[PDB]
Enquirer: 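Entry of interest: CYP51, sterol 14alpha-demethylase complexed with voriconazole.
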Amino acid sequence: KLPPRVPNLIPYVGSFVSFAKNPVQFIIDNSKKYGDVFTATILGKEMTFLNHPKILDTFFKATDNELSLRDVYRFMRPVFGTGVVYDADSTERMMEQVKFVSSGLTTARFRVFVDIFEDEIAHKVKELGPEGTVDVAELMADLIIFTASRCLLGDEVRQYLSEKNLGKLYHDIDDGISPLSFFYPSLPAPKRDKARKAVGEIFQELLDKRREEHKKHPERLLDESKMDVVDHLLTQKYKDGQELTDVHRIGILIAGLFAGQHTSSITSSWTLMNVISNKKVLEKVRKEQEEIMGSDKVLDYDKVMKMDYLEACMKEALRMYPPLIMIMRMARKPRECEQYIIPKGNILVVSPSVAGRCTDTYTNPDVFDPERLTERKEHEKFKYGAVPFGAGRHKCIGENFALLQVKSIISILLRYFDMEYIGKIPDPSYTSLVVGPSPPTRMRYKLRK
Ligand code: HEM
Ligand SMILES: C[C@@H](c1ncncc1F)[C@](O)(Cn1cncn1)c1ccc(F)cc1F
């Protein structure tokens, strides 16, 4: 059989409307009507949703000529650049470029990354003063924007953030995209395209500076903890021998910073909100924090490794608010799920959000409650029963830096501040590509020494 279709409102538009209102309720809704697998027509596209953790093996283990990423995230191309990652000329090449990123995400570096978080948050505290209120979301994204850039690019980048408005340009790029672009890649976005060029020149300036610093200081290349992604990109070839071009290099740096920022900082936000808005949770985080700092006055990587509870909380926030609510592949060959045959051409879909709220796995799924993971080990039920970082051939290569980043930021913040949130925890806003908390998200903070 072909799977149970979802009745269209209109031909073509199909089921767009109730989907776009709320994509996640839409999938769940119709799960209950038509069970684990169903098809909906959404703006001229056949889209098949795979909803129960059981049947998601064939999805995550398929190959790039069975189930294709490149065919579905290619629209990211005005942002990332041409022939780069998902618009890169082959499966094999895409993977090679990904690795250049991940190759600046090593232990030696992660230790240097924690100084960076300290450093960046020290500056932020002056700019904030002994008390006030502030937006968590703006706050997370401001920090990460600085921490990620220094982490992946090097310290050289700072001055272009401080003296040359580099943050704004990111937004002008990162606002010039949309969940709609999926259906209409060619939609014009002239403010974005002018920024992506503006950022280009700057990254080209950055590579150009870096090339001579490898002349003036060649020892840099032996020290494994001053080797950032620019460095790896300047001294690797592809496996087949061929050099990279700067415009590939630039589109990778950019692809990594995008990855590097939006999912992280939404996750911080969701997390801190739930932590400080629940006294029992916040005791244990502070109990854990205090034991682990002991006599020590600032953070290090060992310490952050040890933060098991704060980590369960981050995870618990990812179960409830994964920022990538839909994972997608295009079928290049017909595919068999359950008793059905999902046709070639279709776009298969899996949703960490729906899974985060599937009641076989998780009990009272609407309650932030890190104990469900640490103690009732609920996530361990099914093998794909918890998927905020994907799984299989394309599982997130950023997972450990993410965790390092969110835990360092929250832990350092709680050192400095008593903080409390201001009203109900918001709902998720389905307006962006990386989903996040509806604004505003306000909190009172007061210093502590
Ligand atoms: C902080 C929360 C994060 C979440 C929830 C997240 C989530 C994901 C997910 C679900 C995927 C799978 C995509 C798919 O299968 O279609 C993925 C892939 C990826 N993520 Fe992340 N990510 C996070 C942070 C990061 C960071 C910090 C980096 C890099 C700095 C990163 C880089 C990537 C890359 C390069 C891939 C592509 C993997 C591949 O093509 O094989 N992510 N991420
Ligand atoms: C394709 C993109 C994405 N995928 C799915 N739904 C919405 C999206 F925006 C994403 O997977 C997000 N991502 C994953 N980890 C961090 N960010 C991604 C991957 C690689 C990359 F180099 C940049 C990048 F955005």
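Sequence positions for chain A are given in the PDB entry numbering; the residues included correspond to 35-483, in order. Atoms within a ligand are numbered from 1 in the order they appear, just like the ligands themselves.
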Enquirer: List all ligands or chains that belong to voriconazole.
Expert: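 Counting every copy, ligand 2.
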Enquirer: Nearest heavy atom to atom 11 (O) of voriconazole: which of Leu291, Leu358, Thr297 does it belong to?
Expert: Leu358
Enquirer: Applying a strict 4.0 Å limit to heavy atoms, is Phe423 in contact with voriconazole?
Expert: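 So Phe423 does not count as touching voriconazole.
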Enquirer: Going by a strict under-4.0 Å cutoff (protein heavy atoms only), does atom 16 (C) of voriconazole have a neighbour on the protein?
Expert: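 Yes.
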Enquirer: Would you say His296 contacts voriconazole, with heavy atoms under 4.0 Å as the rule?
Expert: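 Judged by the 4.0 Å heavy-atom criterion, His296 does not count as contacting voriconazole.
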Enquirer: At less than 4.0 angstrom from any non-hydrogen atom of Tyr107, what atoms of voriconazole do you find?
Expert: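 Atoms satisfying the 4.0 Å criterion: 4 (N), 5 (C).
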Enquirer: Evaluating non-hydrogen atoms only, which member of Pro356, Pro213, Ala289, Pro422 is closest to atom 22 (F) of voriconazole?
Expert: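 When every heavy atom of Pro356, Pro213, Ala289, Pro422 is considered, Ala289 comes closest to atom 22 (F) of voriconazole.
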Enquirer: Enumerate the residues contacting voriconazole with a heavy-atom distance under 4.0 Å.
Expert: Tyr107, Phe114, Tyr120, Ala289, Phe292, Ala293, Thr297, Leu358, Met360, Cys430, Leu467
